[PDB]
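Here is a PDB entry that includes progesterone.
Proteins come first, then strands; the chains are lettered A, B, ... in the order of their sequence lines, and each starts at number 1. Worth knowing before you read on, the calculation uses all heavy atoms, side chains too, and leaves out hydrogens, waters and symmetry mates. Ligands are counted one by one from 1 in listed order, and the atoms in each one are counted from 1 as well.
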Number of protein chains: 4
Amino acid sequence: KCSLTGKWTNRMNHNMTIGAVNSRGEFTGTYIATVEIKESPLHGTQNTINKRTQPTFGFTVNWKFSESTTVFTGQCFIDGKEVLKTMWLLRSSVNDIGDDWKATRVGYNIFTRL
Amino acid sequence: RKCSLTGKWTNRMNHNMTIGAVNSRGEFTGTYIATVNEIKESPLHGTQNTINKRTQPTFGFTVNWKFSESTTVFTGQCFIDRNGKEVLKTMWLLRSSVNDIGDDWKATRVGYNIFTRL
Amino acid sequence: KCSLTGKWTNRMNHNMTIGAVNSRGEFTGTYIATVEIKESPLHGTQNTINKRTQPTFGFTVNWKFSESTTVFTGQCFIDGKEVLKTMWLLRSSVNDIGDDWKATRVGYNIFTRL
Amino acid sequence: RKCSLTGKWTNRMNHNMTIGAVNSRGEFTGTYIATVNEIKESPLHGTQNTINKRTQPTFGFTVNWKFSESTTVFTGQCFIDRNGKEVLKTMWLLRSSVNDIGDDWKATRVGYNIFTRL
Ligand SMILES: CC(=O)[C@H]1CC[C@H]2[C@@H]3CCC4=CC(=O)CC[C@]4(C)[C@H]3CC[C@]12C
Ligand SMILES: CC(=O)[C@H]1CC[C@H]2[C@@H]3CCC4=CC(=O)CC[C@]4(C)[C@H]3CC[C@]12C
Ligand SMILES: CC(=O)[C@H]1CC[C@H]2[C@@H]3CCC4=CC(=O)CC[C@]4(C)[C@H]3CC[C@]12C
Ligand SMILES: CC(=O)[C@H]1CC[C@H]2[C@@H]3CCC4=CC(=O)CC[C@]4(C)[C@H]3CC[C@]12C
Ligand SMILES: [Cl-]
Ligand SMILES: [Cl-]
């Protein structure tokens, strides 16, 4: 079984900590990144349909130093070692609806255990 | 005059999304109802941004589909349009379940959705 | 048959003109947008496997006033009226490889005939 | 010391992409070879940016798959890495063929690819 609970890092030296997943798949945690270091909360869910050993999942990071919001989704894989393959959408704040077209960046991130 | 996530929302596909109270930290929960004339209903959880108490906040949420192994995340902004209507402009990523990490490349879709009140 | 040749516009009052598609699917054209108006070239291909009435396609716009590049892909649909449902990636120029993570915006565009 | 598109490229999946001469307007053509141990080979066409004659230009291209009704577009930048190696960091969209405009939402994938010389 691949579980999101615990501590994770990526190629950018990030520090992601996720708490216990309840039975409905819900979780909370923390996302720590450089700018000097800031902590921001994350809330998310993990699939529990068919209790897959390698579940898909999703979460939102509500950045504390910034008007933006990021969303991540992906799958917890086994390779023996655990890895989260993710993709993300970073939403910037824009002042007027007609600037919406440029408000959204996309990318990826690979996480592995501390 | 502020744009809130709380309430009933629909899009051009007749989905109905219903969002509860946004708390002091911007957290909220809700439901995503969609035709799958057969209807299924899945929980969602996420946040809206609170930094500078913006009239048009950014936000994000995860829908944990009840009938599927997939997961979808939405992000976007709650705008007041020219006509005074509140609209959510969103983009999303839909993650499918694959068996081998070598299939990861084909597992992620992207699209968009515009929601208005119902 | 849905063909990319001709003149197209979208909700942003853009003006896109595409030339003749050869037999391998290749095409050239022009993308015109506000900033005052600038013309930039586009080169692309259209699928010709199975000669579908509603082909998928792709093109790159090489913006003339800017270091960026945009790519579009999508499908030419019939609804009697013709419409291109697209999605796009806008690539910004960043000065150093470790800023790559923020160089890519994503979005959409619907085109219809002039 | 400039990063050029011209040449042979590979990624972490053993695709081999080969790009011809970049002309004065930045246009180029090439080939994308990929396992589909069975190999298929499809044309690609696109541009690199020339505004300010940058040492690390942005670019984009379309691969017109020979064995499929799909289309894929790549965009990214040609960087000189810390070790002096040229690397293409790319993101892509893969468009599938669907029959009805109502299925359009499920037709577009997104991923990434990192290429290095071969
Ligand atoms: C690579 C990646 O996943 C992206 C998506 C959201 C991004 C963060 C968004 C907010 C941000 C603002 C900064 O000023 C420093 C870097 C950070 C903290 C970003 C680091 C890279 C992230 C984590
Ligand atoms: C258009 C859009 O926002 C997408 C993102 C995730 C998609 C859903 C993912 C799961 C799903 C499976 C189906 O068989 C039809 C309806 C649904 C419920 C999809 C409808 C369209 C959605 C809501
Ligand atoms: C909506 C959309 O497709 C986006 C993708 C690329 C975008 C263009 C990218 C370059 C650009 C720079 C400007 O200064 C004005 C607007 C334009 C001309 C953009 C208009 C919206 C476009 C066309
Ligand atoms: C990882 C990546 O960049 C993706 C984008 C488009 C994808 C290709 C699309 C068509 C295709 C069909 C197959 O059956 C296997 C190989 C290929 C050739 C895919 C391999 C991975 C590609 C190249
Ligand atoms: Cl922006
Ligand atoms: Cl940028």
- Which numbered ligands or lettered chains belong to progesterone? ligands 1, 2, 3 and 4
- Item | Chief chain touching progesterone (ligand 2), naming from the PDB entry | Avidin
- Item | Chains touching progesterone (ligand 2) at heavy-atom distance under 4.0 Å | B, D
- 4.0 Å heavy-atom contacts with progesterone (ligand 2): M13(B), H15(B), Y32(B), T35(B), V36(B), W65(B), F67(B), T72(B), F74(B), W92(B), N113(B), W105(D)
- Going by the PDB entry, what is the biological origin of chain B? Gallus gallus
